[PDB]
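Structure containing atovaquone.
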Amino acid sequence: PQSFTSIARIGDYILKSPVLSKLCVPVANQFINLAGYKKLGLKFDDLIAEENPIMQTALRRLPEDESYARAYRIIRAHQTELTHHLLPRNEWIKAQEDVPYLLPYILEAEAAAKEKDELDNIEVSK
Amino acid sequence: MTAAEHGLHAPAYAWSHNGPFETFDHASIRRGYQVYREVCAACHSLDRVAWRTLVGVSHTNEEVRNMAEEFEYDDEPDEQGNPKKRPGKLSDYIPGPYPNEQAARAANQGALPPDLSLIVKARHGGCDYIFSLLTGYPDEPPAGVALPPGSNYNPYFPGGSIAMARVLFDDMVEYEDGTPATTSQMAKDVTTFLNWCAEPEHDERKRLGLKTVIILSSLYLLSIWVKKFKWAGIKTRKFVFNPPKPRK
Amino acid sequence: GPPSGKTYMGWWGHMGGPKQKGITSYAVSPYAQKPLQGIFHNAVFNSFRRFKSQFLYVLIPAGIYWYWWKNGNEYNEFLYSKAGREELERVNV
Amino acid sequence: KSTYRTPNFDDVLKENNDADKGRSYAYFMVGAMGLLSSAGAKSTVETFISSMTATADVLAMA
Amino acid sequence: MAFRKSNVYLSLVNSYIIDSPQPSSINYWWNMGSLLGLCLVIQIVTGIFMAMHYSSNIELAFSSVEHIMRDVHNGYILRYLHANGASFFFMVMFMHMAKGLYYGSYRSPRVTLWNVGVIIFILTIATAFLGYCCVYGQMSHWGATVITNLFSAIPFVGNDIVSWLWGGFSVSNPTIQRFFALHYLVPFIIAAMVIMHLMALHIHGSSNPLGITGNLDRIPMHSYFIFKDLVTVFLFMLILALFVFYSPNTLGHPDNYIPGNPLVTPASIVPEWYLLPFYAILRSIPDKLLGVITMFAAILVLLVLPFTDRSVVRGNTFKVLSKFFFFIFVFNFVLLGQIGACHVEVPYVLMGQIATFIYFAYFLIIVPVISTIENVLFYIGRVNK
Amino acid sequence: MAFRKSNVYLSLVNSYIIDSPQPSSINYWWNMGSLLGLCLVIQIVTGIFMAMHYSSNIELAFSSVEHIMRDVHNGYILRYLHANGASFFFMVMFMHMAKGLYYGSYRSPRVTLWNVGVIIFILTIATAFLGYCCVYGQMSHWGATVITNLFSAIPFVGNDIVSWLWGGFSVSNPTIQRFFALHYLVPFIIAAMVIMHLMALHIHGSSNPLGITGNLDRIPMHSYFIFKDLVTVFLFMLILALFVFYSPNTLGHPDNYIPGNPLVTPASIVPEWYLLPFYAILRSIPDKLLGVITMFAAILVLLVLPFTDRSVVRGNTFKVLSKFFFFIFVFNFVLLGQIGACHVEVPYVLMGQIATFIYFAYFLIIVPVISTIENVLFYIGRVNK
Amino acid sequence: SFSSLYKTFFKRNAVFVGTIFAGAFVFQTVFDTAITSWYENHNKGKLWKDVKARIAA
Ligand code: HEM
Ligand code: HEM
Ligand code: HEM
Ligand code: HEM
Ligand code: HEM
Ligand SMILES: COc1c(O)c(C)c(C/C=C(\C)CC/C=C(\C)CC/C=C(\C)CC/C=C(\C)CC/C=C(\C)CCC=C(C)C)c(O)c1OC
Ligand SMILES: COc1c(O)c(C)c(C/C=C(\C)CC/C=C(\C)CC/C=C(\C)CC/C=C(\C)CC/C=C(\C)CCC=C(C)C)c(O)c1OC
Ligand SMILES: CCCCCCCCCCCO[C@@H]1O[C@H](CO)[C@@H](O[C@H]2O[C@H](CO)[C@@H](O)[C@H](O)[C@H]2O)[C@H](O)[C@H]1O
Ligand SMILES: O=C1C(O)=C([C@H]2CC[C@H](c3ccc(Cl)cc3)CC2)C(=O)c2ccccc21
Ligand SMILES: O=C1C(O)=C([C@H]2CC[C@H](c3ccc(Cl)cc3)CC2)C(=O)c2ccccc21
């Protein structure tokens, strides 16, 4: 449960600093390759663990045909994974695809929550 | 750890029984008992072995009945309430040389000779280490090693100082069958006999072991096959995606 | 049966997942296939791929660990040898 | 594509030599496992029961 | 509805073994709990059957086991199976606990599931230890002295606890007799506990070697996994057969065919293998109270794992930096074990010390660090700005 | 929802002990299963604590219990509680089984509920018998001879079974040792079984001293019955305290402070009281095979009770002709017991025989008859034509 | 395993629980036959039977 709102903070910063960005992103790119996951038709937002309220605010909200999309991949994943194989090289999700389709809502919802947390314990000075 | 405190590693002699398919050499066991009887019985108990247990392994029914009765076990009191002896039965356990822990030590400079019944398992290396400590009493305690009064040197014991003096000296046993009653042949036997003593089940144990594996292996391979069959629909199962017109 | 606490699993027809549309599956009877579906031949080109894809992640750490093992091992045999008793009297007290 | 359009199992399916070898091989498989299992299950039981017959050190027919 | 669903008894049977919806994608790692339940059953059957000829009196104790060996019909098979089996129990259980780390099973909603297994693991060590103290060889009488003595580490009352717990001056007769009785009791406690463990498992169902949601492609445990589990089963028995008939003591310490003697500790104190890595950790600490604490802490620390894992995904599967240290952890743990076998000699002590550090640091330090980094690699490794 | 409802563990706790909807009208008879679970717990605690000082070797056996008596701290309290408790277990269990006859609990949908209790009752006799054979006094060694010998009654193989089951020529040492081990095992089987018993109970809920539907006026077990059950509990302990401290053997046979002797049966063979009515039934039959069968049948016959009850209402409560014979049944059963204590002298044998008849006739004959009549009294005793 | 040689006995159904147990019963003698033979042979000369042979008393 390291927060997405928190990964935003850190990863935005690094993306902005042309200093940092040039150092980090090569590796990060190298990383999201060695993961293996785009070879099981998986976009990264598929991987995010869901058994928690925020993601269930964030999937109830996710556009229909978008969820049908997720779905097919997630089943394609399992299916292949169980065949103990990797997909036909040209079925792999391509580097431009791995887009944070979910991340707004996760962020949208995280935001909303932290707000309510605050507004439940908002104190008073007289 | 200094190689002196450890003791020298006994080597991998090639015993009759080493291997997954190897019964003991019962002829060998038969010899060890004599090598046992005449030599080491003088000091060493073999209490968890019973006369009957010999029958069918090293001897024949009377052969063991004979040995058995050469000793007077205690026996239930007469009508008056006074003790009595009696010879042994096959139902008995081969009696120790000493009447208690003390006289065992009295007779050995205060050493307590280990009961041997379990020796080939109560030691690392075991068969080898037994052979080697018995054929490894070298002539003199190596340059510099200063040995206490009533203690010998052995590289195979830890820190060499063994309270048991050498005991195998060629031919001291008259090998009844008529084999070279050497020391490396007097020894190799009492080892094979002492092996038995700590692991009597032995030949059956590999017998049954054989069956267990052959059946169990086959089940393993058989099970595998079966599995791919019941999975065959899921393994070769194949999906397809067709996005659907936006209206719901 | 009292109320049950909500989870992230249900049973068939209410398994818990999102509302599937679009996928279409196909399969074939386990009777209706070659006994030995795909064995040897090209099914083994993977027994070296399922190997390659990972071995480093085990070997590298196994390596680090097995050489570190061998080292102080050697080092111990030394300081407990003749040639070593010197260093011992120093390292050890 | 159309949904009727049927994917390829020509690799997996057997040639029409016999639509009955993929059954016969399986049953001798399942069956010889069945056999041996039982045969083992039998012995396993036999073993623990006979654990209770008179210990080797009693039968004092005296 | 069908009967197996309708019946009060068969409905459980069905819903945990026949009709259970498993992720379609889970592999042979998951066959471990199955094979775990199988050992517990092998432990309990062979144990009872042996107890029928066992005597827990400090005299007859060592001998009676020899009795089971020399005399009882198939009795040697009873012993070598009990003993070798306890080991395989422990291997399989480590592999089961491994699997849980690697794929990050310990991770919500499965915390309680996880936590309970930590209780089971504790009870299995407690159990197997007592069963060892019941042979009453050398390793037994001195094993039983030290574990009883861990309690002295307790401020003030500690010695008395030990005295109590001993029922007298030393690990004596009222000791082996209670150690036998408690050895009977406890395995039913494990089984009791295996049930809550399986209940937790049940309300969330198993995870997958992909750490995504199962709820889109479930299949029923019968007949796939029932048959899948049967493959690991036979294989399990095979290696166990191998040891039991051919290598019955390639896993035990020869010091234990020596009748226990309260005046004379041996000079080769190697404890059980599955125990070694803890012996190591214990020794690594030149302080008594702290050393004890750190040994116990070596197991408890396992409970922080769902908090310190900072990640956003369950599973080392798509996790290179995670995989890597995960196998440093495994391999450390084995080394730690090698350290347990060797004498408190140099550099071994200092090697021991370093592994121990690596050990706790892996839960407490490496993991939350790495996983936080790994979150950030996952962000910048794609998005625009 | 509330946590106790939501939790995987506390939800059971709640739904079987806190939030359970009981009929509003049930009386102190129903406090028996509660008090039943309490004995089983008293049996298991005190047993284990005693086993820690028990030796099951045929020599040390009789003495070791004296050891528990003379030496172990509070050990006499351990014994008198184990033993007197076993009795109260059996009383309470009869009263529990009584209640089930009288109010016709055995009656659908509660058949399985009922049936399982017949299994429990069987296992409790099996259990307590073995626990007796473990004292190894006189009554013990001869008790253990006869029960082992019931198996000879089995055609052909029967003697061998007995030989096996003995582990040798006589009830010897491999016998008391297995009888100890099986005494450990079985109580967990009762507890296992008490769980299915409580599961059956659960899906239908308790009946009422009115044999009508509960579903119109339920109240929750907490806090009424939890507190109600607490009244019978203390009362239970009181009488048990009374025996345990003041009348510790007002329930046992003095022949049992005599060390068992395999050559010499006593000449006062009174067996345990809760067992007597069966001893009676057994003796009543001058044939060996048939006699055995009829003894076992004395318990099995209890399984027909839901078929032979022909009635249209559950409960003797509104049932005069039913009440009446129901207490002939109770009172027969007690007499049968008195017969067990007396010698096979006259007219006792012939009295024994008649009771035995009355016994089975009550299930098999009186009940379906009476109940069918009683249906018809209920019709013509109102309607016009 | 050949489709002819199998289907002869069992046509197009598996083995039947009782036929299994029957085979089991037979197999169990046929096996303990073979294996106990091959083992007594493999260890020829070594068995106390072979040693009872030469040795006289
Ligand atoms: C086949 C002949 C014999 C064998 C195989 C044998 C074997 C052994 C073994 C295995 C030990 C154990 C030491 C260890 O491994 O830690 C031992 C010790 C001893 N033996 Fe023997 N023995 C034999 C004959 C004798 C004889 C003839 C005597 C005296 C008459 C004797 C007196 C002793 C004594 C006093 C010890 C105690 C040594 C110690 O405590 O280190 N043994 N023997
Ligand atoms: C008596 C010992 C044990 C038994 C009988 C047992 C049983 C099982 C079974 C049957 C499963 C389902 C199959 C599988 O997922 O492997 C499982 C999974 C699991 N076990 Fe255990 N286990 C035991 C020990 C442990 C221990 C010692 C732990 C932790 C310290 C643990 C934690 C878990 C967790 C978290 C899962 C879920 C795995 C997943 O998501 O796939 N278990 N266990
Ligand atoms: C979780 C289950 C169990 C574990 C892990 C376990 C562990 C052990 C171990 C390690 C030993 C020493 C084995 C040896 O080296 O000889 C032992 C011995 C023994 N156990 Fe168990 N045990 C378990 C269950 C049981 C049960 C249910 C009984 C029922 C009576 C039992 C009875 C005995 C007896 C009589 C011995 C002494 C004979 C022997 O050592 O083989 N055990 N146990
Ligand atoms: C270990 C022994 C037993 C335990 C722990 C036990 C437990 C219970 C409990 C807690 C109840 C609920 C309270 C009550 O209704 O009394 C109950 C009721 C019942 N028991 Fe048992 N019982 C035992 C023995 C038996 C036996 C021996 C039988 C039959 C042979 C039996 C059959 C029934 C039936 C049919 C009910 C339902 C009673 C009703 O409708 O009120 N039980 N039992
Ligand atoms: C349903 C549960 C139980 C019943 C009905 C039962 C019954 C009995 C009986 C009737 C006796 C003879 C008592 C005497 O006259 O001295 C006995 C003895 C004994 N029982 Fe149990 N028992 C049960 C559970 C247990 C348990 C769980 C243990 C655990 C070790 C145990 C251990 C013993 C021991 C060591 C004795 C001999 C000492 C003595 O007789 O008091 N029992 N049992
Ligand atoms: C969610 O995913 C799952 C899953 O849920 C399950 C269940 C399995 C299958 C796993 C299991 C079925 C494991 C279950 C484990 C147990 C049931 C262990 C419980 C064992 C006990 C409680 C032991 C109790 C034993 C006894 C009472 C036997 C003792 C009786 C004796 C000794 C009688 C002998 C005495 C005499 C005198 C003859 C999976 O493979 C799986 O993966 C996909
Ligand atoms: C439908 O109507 C009901 C109803 O359902 C219930 C539940 C009750 C209440 C009844 C109960 C709660 C009965 C429940 C009975 C049980 C729970 C019995 C189960 C007992 C066991 C399973 C025993 C198991 C015991 C142990 C494991 C303890 C052993 C531990 C030991 C010995 C540790 C000590 C050892 C050392 C070394 C310290 C009613 O009164 C009632 O009537 C209105
Ligand atoms: C725990 C101890 C276990 C001991 C060993 C167990 C041995 C199990 C043997 C059981 C054999 O059970 C056997 O299973 C086969 C399926 O393979 C059944 O076959 C049944 O389904 C098959 C399809 O699979 C059909 O061809 C057939 O018409 C039908 O009868 C058959 O009715 C039964 O006879
Ligand atoms: O000195 C010890 C010793 O310290 C242990 C150790 C092994 C690990 C034990 C342990 C206890 C509890 C847990 Cl949760 C983990 C390990 C503690 C005792 C032994 O097992 C041992 C065996 C035989 C002789 C001496 C000894
Ligand atoms: O002869 C017997 C005898 O027959 C029983 C009887 C008592 C009832 C037993 C019984 C066994 C099983 C059931 Cl299901 C019911 C009762 C059978 C043995 C004894 O309990 C007994 C005790 C002491 C000495 C002799 C004897």
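Chain letters run A, B, ... following the sequence lines, proteins first, then strands; residues in each count from 1. Indexing begins at 1, ligand by ligand and atom by atom, following the structure's order. Be aware that this covers only part of the deposited structure, with contacts counted strictly within it.
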- Query: Which parts of the structure correspond to atovaquone, copies included?
  - Reply: ligands 9 and 10
- Binding partner of atovaquone (ligand 9) (most contacts, the PDB entry): Cytochrome b
- By chain letter, which other chains contact atovaquone (ligand 9) with heavy atoms under 4.0 Å? E
- Task: Provide the binding site of atovaquone (ligand 9) at 4.0 Å, counting non-hydrogen atoms only.
- Result: E/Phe129, E/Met139, E/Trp142, E/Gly143, E/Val146, E/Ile147, E/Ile269, E/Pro271, E/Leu275, E/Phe278, E/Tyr279, E/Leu282, E/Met295, E/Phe296, E/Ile299
- Query: Which other ligands and ions fall below a cut-off of 4.0 Å from atovaquone (ligand 9)?
  - Reply: none
- Task: Give the residues of chain E annotated by UniProt as heme b-binding that have any non-hydrogen atom less than 4.0 Å from atovaquone (ligand 9).
- Result: none
- Message: Got a sec? Which transmembrane segments of chain E (UniProt, counted from the N terminus) put a heavy atom under 4.0 Å from atovaquone (ligand 9)?
- Response: 3, 6
